[PDB]
Colleague: 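Structure: Estrogen receptor beta in complex with ERB-041.
Letters A, B, ... label the chains, following the sequence lines from first to last. We're sticking with the PDB entry numbering for chain A, so the shown stretch reads 604-613, in order. Chain B residue numbers are taken from the PDB entry; in order, the displayed residues are 604-613. Residues 263-410, 421-497, in that order, are what chain C shows, numbered as in the PDB entry. Using the numbering of the PDB entry, the residues shown for chain D are 263-410, 421-500, in order. Read the numbers this way: they start at 1 and go in the same order the structure lists the ligands and their atoms.
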Amino acid sequence: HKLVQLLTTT
Amino acid sequence: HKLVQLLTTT
Amino acid sequence: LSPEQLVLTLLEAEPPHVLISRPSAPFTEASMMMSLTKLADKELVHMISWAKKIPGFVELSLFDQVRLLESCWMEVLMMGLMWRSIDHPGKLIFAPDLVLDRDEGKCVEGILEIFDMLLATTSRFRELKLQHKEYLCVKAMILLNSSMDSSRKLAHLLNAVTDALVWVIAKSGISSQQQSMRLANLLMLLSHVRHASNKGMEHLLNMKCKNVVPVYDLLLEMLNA
Amino acid sequence: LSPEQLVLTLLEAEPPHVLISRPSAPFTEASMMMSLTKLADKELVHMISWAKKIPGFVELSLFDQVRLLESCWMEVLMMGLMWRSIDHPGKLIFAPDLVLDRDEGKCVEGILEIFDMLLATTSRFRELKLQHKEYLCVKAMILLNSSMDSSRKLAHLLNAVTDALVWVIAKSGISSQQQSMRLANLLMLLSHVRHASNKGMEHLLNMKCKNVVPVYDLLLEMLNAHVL
Ligand SMILES: C=Cc1cc(O)cc2nc(-c3ccc(O)c(F)c3)oc12
Ligand SMILES: C=Cc1cc(O)cc2nc(-c3ccc(O)c(F)c3)oc12
């Protein structure tokens, strides 16, 4: 779930 | 070959 | 050949609707796949005649003709299916007496999903209020653009149909900016038709391997390409 | 937000140049697939930051953001590949240190078929002399148009990017008819980028299932999410 964490962090 | 037949023999 | 003459030519070139009856009893996974494979086989024969009427198609090399058709046949079949279902939300008109409800796609493992994207795209087309003359151009463009000096002639043929599509859209009388916008919106949908087209072919290969339905002759040749 | 300003924001969202940090050397099937997968994984991380920089993208429901990226990623990678290869006929510039020849794709079963497709499409964009700004809009459209309250936002955003591509074409100063033909031609090529990406995914999945390639987490996820 790297996609979701990268979409919610900068 | 059916495809070829329809394209040239028909 | 002017854009109008090309459209009139494709209009006449339209294949006649294939008649296939809905099985008496409620569909079973097999009866449905049988209905679809049989309809496709009949439409495929008409599709070949339709292609040879697209100005210049017969002037390409036999190999380009075959490569073009093997590469897009299912997308052409579904574009036609979507046009036929344009005025029937939630309904898929595979043929006059073969009207499938989105629900019936339940008896065939993994087809419902495909019925959903088919109906979604159809709605996008309804929403854009696709016109018959636009539809004819787009469907021919699907065929001529599946390139997936005869190569030089293929391009010219594609531009001629594009030119006709542009001409038809101009006849709607909207601002030049909106003409460009509608052109883009119509073509951007080819990606979606294609998607449902790939899901459909992969799903057909799968049913054939699962021996859920027999697939031979023309249909099989096209399936394998 | 005018077309020119939206296009500039895309220019600004452009991901940085990626290198795999590999000393030049002959490619074997192992070194090639290991390089492609390693590069895809790195680019995926940059692709996510890219999408977030598209006006309105983060405004979308997290569900749409995820499904849009999961379905188009390879297509976006390949579009990038073609813009990088535009000025290098016969070559596929995956990265500065990963430049491949058509004959090098013969050491991996099934890839030569795909390189030929990529080389063809690239050759086509070259003939049309694709402009950088057109590339930017087209790439963004690929993401926003892979959608196979938040729904209208997507449509609005996608419409805005289409509006931007029309603008770019209008700035070229060619006749209106040639502007319509160019827009149609660019959009029709996407079907070809999409085809080569479908084949690239099939091939990649096949490779993962054989554990022939170390499929890094982000790439494994993107891959596993797509087929599913
Ligand atoms: C829906 C998925 C699907 C799945 C499958 O295994 C076989 C199919 N055949 C069609 C089809 C047949 C005739 C048409 O005119 C048409 F548009 C589609 O759709 C199919
Ligand atoms: C070519 C087929 C192909 C086949 C395969 O098994 C894995 C791949 N990965 C890529 C790829 C990686 C990074 C890029 O930037 C790009 F455009 C493509 O292409 C691949």
Colleague: Write down the other chains that contact ERB-041 (ligand 2) with heavy atoms under 4.0 Å.
Modeller: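 Going by heavy atoms, that would be D.
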Colleague: What residues line the site of ERB-041 (ligand 2) at a non-hydrogen cut-off of 4.0 Å?
Modeller: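 By heavy-atom distance, that gives D:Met295, D:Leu298, D:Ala302, D:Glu305, D:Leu339, D:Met340, D:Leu343, D:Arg346, D:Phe356, D:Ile373, D:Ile376, D:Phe377, D:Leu380, D:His475, D:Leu476.
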Colleague: Could you check whether any other ligands or ions come closer than 4.0 Å to ERB-041 (ligand 2)?
Modeller: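 That comes to none.
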Colleague: To the nearest 0.1 Å, how far is atom 14 (C) of ERB-041 (ligand 2) from its closest protein heavy atom, and which atom is that?
Modeller: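 Protein heavy atom at minimum distance: D:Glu305 OE2, 3.3 Å.
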Colleague: As an exercise, identify every atom of ERB-041 (ligand 2) less than 4.0 angstrom from a heavy atom of D:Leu298.
Modeller: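 Contacts of ERB-041 (ligand 2) toward D:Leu298, numbered from 1: 9 (N), 12 (C).
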Colleague: Starting from atom 17 (F) of ERB-041 (ligand 2), which protein heavy atom do you reach first, and at what distance in Å?
Modeller: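 Nearest protein contact, heavy atoms only, for atom 17 (F) of ERB-041 (ligand 2) is D:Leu339 O, 2.9 Å.
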Colleague: For D:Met295, take its heavy atoms, then give the atoms of ERB-041 (ligand 2) lying under 4.0 Å from any of them.
Modeller: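 Contacts of ERB-041 (ligand 2) toward D:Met295, numbered from 1: 5 (C), 6 (O).
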Colleague: Which UniProt domain dominates the contacts that chain D makes with ERB-041 (ligand 2)?
Modeller: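 Mostly the UniProt domain NR LBD.
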Colleague: Under 4.0 Å from a heavy atom of D:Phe377: which atoms of ERB-041 (ligand 2) are those, numbered in the order shown and with their elements?
Modeller: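 This gives 1 (C) as the contact atoms.
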Colleague: For ERB-041 (ligand 2), which atoms, with element, lie under 4.0 Å from some heavy atom of D:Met340?
Modeller: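 Counting atoms of ERB-041 (ligand 2) from 1, those under 4.0 Å from D:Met340 are 17 (F).
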Colleague: Return the closest protein heavy atom for atom 18 (C) of ERB-041 (ligand 2) as residue, atom name and distance.
Modeller: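 Looking at atom 18 (C) of ERB-041 (ligand 2), the protein heavy atom closest to it is D:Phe356 CE2, 3.8 Å.
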Colleague: Identify the protein heavy atom lying closest to atom 3 (C) of ERB-041 (ligand 2), giving its residue, its atom name and the separation to 0.1 Å.
Modeller: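 Going atom by atom, the protein heavy atom closest to atom 3 (C) of ERB-041 (ligand 2) ends up being D:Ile373 CD1, 4.0 Å.
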Colleague: Suppose I only count heavy atoms of D:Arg346 and a 4.0 Å limit; which atoms of ERB-041 (ligand 2) are within that range?
Modeller: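 Within the 4.0 Å cut-off of D:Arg346, ERB-041 (ligand 2) contributes 15 (O).
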Colleague: So which protein heavy atom does atom 6 (O) of ERB-041 (ligand 2) come closest to, and at what separation?
Modeller: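 For this ligand atom, the closest protein heavy atom is D:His475 ND1, 2.8 Å.
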Colleague: Can you give me a line-by-line list of nitrogen or oxygen pairs between ERB-041 (ligand 2) and the protein shorter than 3.5 Å?
Modeller:
residue	atom	partner	partner atom	Å
ERB-041 (ligand 2)	6 (O)	D:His475	ND1	2.8
ERB-041 (ligand 2)	6 (O)	D:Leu476	N	3.4
ERB-041 (ligand 2)	15 (O)	D:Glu305	OE1	3.4
ERB-041 (ligand 2)	15 (O)	D:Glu305	OE2	2.4
ERB-041 (ligand 2)	15 (O)	D:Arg346	NH2	3.3

